[PDB]
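Featured here: a structure holding risedronate.
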Number of protein chains: 2
Amino acid sequence: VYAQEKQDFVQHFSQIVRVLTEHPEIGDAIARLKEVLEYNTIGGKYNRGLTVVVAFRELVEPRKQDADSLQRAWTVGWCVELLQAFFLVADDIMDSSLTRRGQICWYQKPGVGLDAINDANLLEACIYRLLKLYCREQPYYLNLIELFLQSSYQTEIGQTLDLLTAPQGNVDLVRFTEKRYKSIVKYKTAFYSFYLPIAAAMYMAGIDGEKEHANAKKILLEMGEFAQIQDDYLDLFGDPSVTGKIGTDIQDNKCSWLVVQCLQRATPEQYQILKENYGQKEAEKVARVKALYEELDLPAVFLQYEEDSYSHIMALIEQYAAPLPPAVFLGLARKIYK
Amino acid sequence: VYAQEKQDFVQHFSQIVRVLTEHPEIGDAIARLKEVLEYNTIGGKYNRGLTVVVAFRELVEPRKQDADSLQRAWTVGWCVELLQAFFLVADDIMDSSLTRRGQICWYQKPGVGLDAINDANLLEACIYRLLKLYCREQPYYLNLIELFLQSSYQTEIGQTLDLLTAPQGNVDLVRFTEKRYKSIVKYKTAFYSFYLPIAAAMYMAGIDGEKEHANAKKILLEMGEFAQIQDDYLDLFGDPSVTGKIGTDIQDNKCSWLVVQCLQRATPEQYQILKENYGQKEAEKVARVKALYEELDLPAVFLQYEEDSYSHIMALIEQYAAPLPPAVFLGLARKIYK
Ligand SMILES: O=P(O)(O)C(O)(Cc1cccnc1)P(=O)(O)O
Ligand SMILES: O=P(O)(O)C(O)(Cc1cccnc1)P(=O)(O)O
Ligand SMILES: C=C(C)CCOP(=O)(O)OP(=O)(O)O
Ligand SMILES: C=C(C)CCOP(=O)(O)OP(=O)(O)O
Ligand SMILES: [Mg+2]
Ligand SMILES: [Mg+2]
Ligand SMILES: [Mg+2]
Ligand SMILES: [Mg+2]
Ligand SMILES: [Mg+2]
Ligand SMILES: [Mg+2]
């Protein structure tokens, strides 16, 4: 059922590429756009895009789910996937990453390099091309434009906080606090990965009320915090065959949930070990940090946190889901918790 | 009068920064946004922003130029300056440039580096923040949003053509044609630098007709082609004390107007000299190309072209300006021709 939902969503990508790549003077640039789309918008789990499609189906009366409305829903889900693609192509450059979704990062491909900066911006531009082509006559068109623009700004402010807290070649242990961590992840991840897909489906379903969006946001931003904590845990302890990418948080001096938890539990001797080995390229220094995390039983702390987080998000669904179907939030929680 | 217009426009920047930098959790990111704005949106000529302000004043009845409408006009002119800033910060990374507006490029500043990618995207995001804060209740709000989004897409397609025609470490003389050149510059420069500022003032003045915008575009895209040809000429023959930047077109293997003109005039012996020396970092190779350009009297070809271009644009103003005041176009031509 879930594998079928994913296959159904991916089968719409060929039409998305077709409409985006249809004077002959820009032909060569349009061929490059097609290559950028095929490399960077495919290969992920499609959690955000599928959330738009399933939430729309659960929020709109089936008699109103005609062929054109369903096409608009699939198209807006692909818009969120294009936003994800834009963020990841640029993030991989700024984080000096090597692989993404089981292949070399686009910018690391021979012949691409920093031209990937413009390619990332083309992916973002395609969102607004698709919204104009399919949604311009709809009453929610401006709501969707402003929602995507706001989500991009919030993510970029979060990325600024992430990069400021992680200066290259400078110790920043003093700034690795739970308060700083929560702000980084709320802005860099929670808004675009959890609030945006549900909010887009809500606007398409005619649910535009400030209070209903605020209540959904209460659940979704908390889900988003867990998703980034899980991402931080997997950066170091995930299987690369499963995650599809190589971790860089320790080398990049990141304010990861792991280092925040390490600092809260470390003895003065362990603090000194972290200070001397964190945020540096040397593989033996990275191994020393991982050994410290294992000595402090951080994988067990993460598993206990996942349990407590799940119970907290479920309690927030009980408080704030109404009048929306709880299934809207439960289905998204299922995608991130196991 | 013109120096006074520039000073009046720059005096509004402090309020632009104030409104964009006003929870305390993102405080550190907002301080970085202020630094990005002060470094990258100031120091230029403000030709695009001033065009919005002067064209609005010339297109709107003075009785309708109340304090709030004039504020909206200044704000939209600063939005075009933020779009310029976004494009330049990223272009300087992709072109491996050293200086911009008389100072080191933002990405070359110690401590910035490739974090400049996210900084560039923050500048673009501020456009939509300003349009929502000052223009959301106006009838032209959606027209302006779509105009800025379209101008960004066109510029990015042009940047793709520019970078595809200029592969690093590969000879691309065969693709340096007048037809390829005209397409690159129409998309990368002409739309955002000439059509966007006038079109924004037209929409704010209530001039939204397809035919009127098409007629203005006929003049403006041709002006834009000359502006990029002049930029290409100055890359090599301009005084850096005046241009504020160091040229990189020869080292970067760019489809510059100069190399297009060189190829049209070169003997087979000169073609071989260009083939062996173009698109390479070696200063002696760059000097060989410049000497070839001087041997082919390319500065004289440029001066004759500037004369013929000016007469052509003036003939297009005579054909297509009506019903707009010709002063709208003449004032912009004055900014680029001497
Ligand atoms: O996929 P990644 O690189 O682990 C990541 O989650 C990517 C990302 C990019 C933009 C916003 N949020 C997450 P990061 O935050 O760099 O750890
Ligand atoms: O200022 P520059 O770098 O000479 C330039 O004009 C900058 C630019 C950036 C984006 C679009 N158009 C021009 P380029 O095209 O790279 O020669
Ligand atoms: C915000 C985060 C954690 C970045 C990765 O998101 P995903 O794990 O959803 O990545 P893909 O499925 O799109 O590859
Ligand atoms: C599109 C071009 C030619 C890039 C530079 O524009 P300007 O010459 O207007 O640059 P600033 O005044 O903003 O520095
Ligand atoms: Mg990353
Ligand atoms: Mg990152
Ligand atoms: Mg990560
Ligand atoms: Mg450049
Ligand atoms: Mg360039
Ligand atoms: Mg140039």
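Chain identifiers are assigned alphabetically from A in the order in which the sequence lines are presented. The PDB entry numbering applies to chain A: residues 9-30, 35-350, in that order. All residue numbers given for chain B refer to the PDB entry; the residues shown span 9-30, 35-350 in order. Worth knowing before you read on, the calculation uses all heavy atoms, side chains too, and leaves out hydrogens, waters and symmetry mates. All ligand and atom numbering here is 1-based and tracks the order in the structure.
In this structure, every copy of risedronate sits at ligands 1 and 2. Bound to risedronate (ligand 2) with the largest number of contacts is the chain that the PDB entry calls Farnesyl pyrophosphate synthase. In this entry, the other chains with a heavy atom less than 4.0 Å from risedronate (ligand 2) are B.
Shortest contact from atom 1 (O) of risedronate (ligand 2) to any protein heavy atom: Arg112(B) NH1, 2.7 Å. Distance from atom 10 (C) of risedronate (ligand 2) to its nearest protein heavy atom, with residue and atom name: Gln171(B) NE2, 3.5 Å. Not a single heavy atom of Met106(B) sits closer than 4.0 Å to an atom of risedronate (ligand 2). Of all protein heavy atoms, the one lying nearest to atom 14 (P) of risedronate (ligand 2) is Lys200(B) NZ, 3.9 Å. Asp103(B) OD2, 3.5 Å is the protein heavy atom nearest to atom 7 (C) of risedronate (ligand 2).
The closest protein non-hydrogen atom to atom 6 (O) of risedronate (ligand 2) is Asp243(B) OD2, 2.9 Å. Proximity by heavy atom, under 4.0 Å to risedronate (ligand 2), holds for these of the UniProt dimethylallyl diphosphate-binding residues in chain B: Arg112(B), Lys200(B), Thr201(B), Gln240(B), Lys257(B). Scanning the protein heavy atoms around atom 16 (O) of risedronate (ligand 2), the nearest turns out to be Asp107(B) OD2, 2.7 Å. Atom 12 (N) of risedronate (ligand 2) has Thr201(B) OG1, 2.9 Å as its closest protein atom, hydrogens excluded (heavy atom only). By chain and number, the binding site of risedronate (ligand 2) at a non-hydrogen cut-off of 4.0 Å is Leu100(B), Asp103(B), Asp107(B), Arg112(B), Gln171(B), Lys200(B), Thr201(B), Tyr204(B), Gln240(B), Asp243(B), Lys257(B).
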Where does risedronate (ligand 2) get N/O contacts under 3.5 Å from the protein, atom by atom?
unit_1	atom_1	unit_2	atom_2	d
risedronate (ligand 2)	1 (O)	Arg112(B)	NH1	2.7
risedronate (ligand 2)	1 (O)	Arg112(B)	NH2	3.0
risedronate (ligand 2)	3 (O)	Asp103(B)	OD2	3.1
risedronate (ligand 2)	3 (O)	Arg112(B)	NH2	3.1
risedronate (ligand 2)	4 (O)	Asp243(B)	OD1	3.4
risedronate (ligand 2)	4 (O)	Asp243(B)	OD2	2.9
risedronate (ligand 2)	4 (O)	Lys257(B)	NZ	2.8
risedronate (ligand 2)	6 (O)	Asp243(B)	OD2	2.9
risedronate (ligand 2)	12 (N)	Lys200(B)	O	3.3
risedronate (ligand 2)	12 (N)	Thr201(B)	OG1	2.9
risedronate (ligand 2)	15 (O)	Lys200(B)	NZ	2.7
risedronate (ligand 2)	16 (O)	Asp103(B)	OD1	3.1
risedronate (ligand 2)	16 (O)	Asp103(B)	OD2	2.9
risedronate (ligand 2)	16 (O)	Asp107(B)	OD2	2.7
risedronate (ligand 2)	17 (O)	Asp243(B)	OD2	3.1

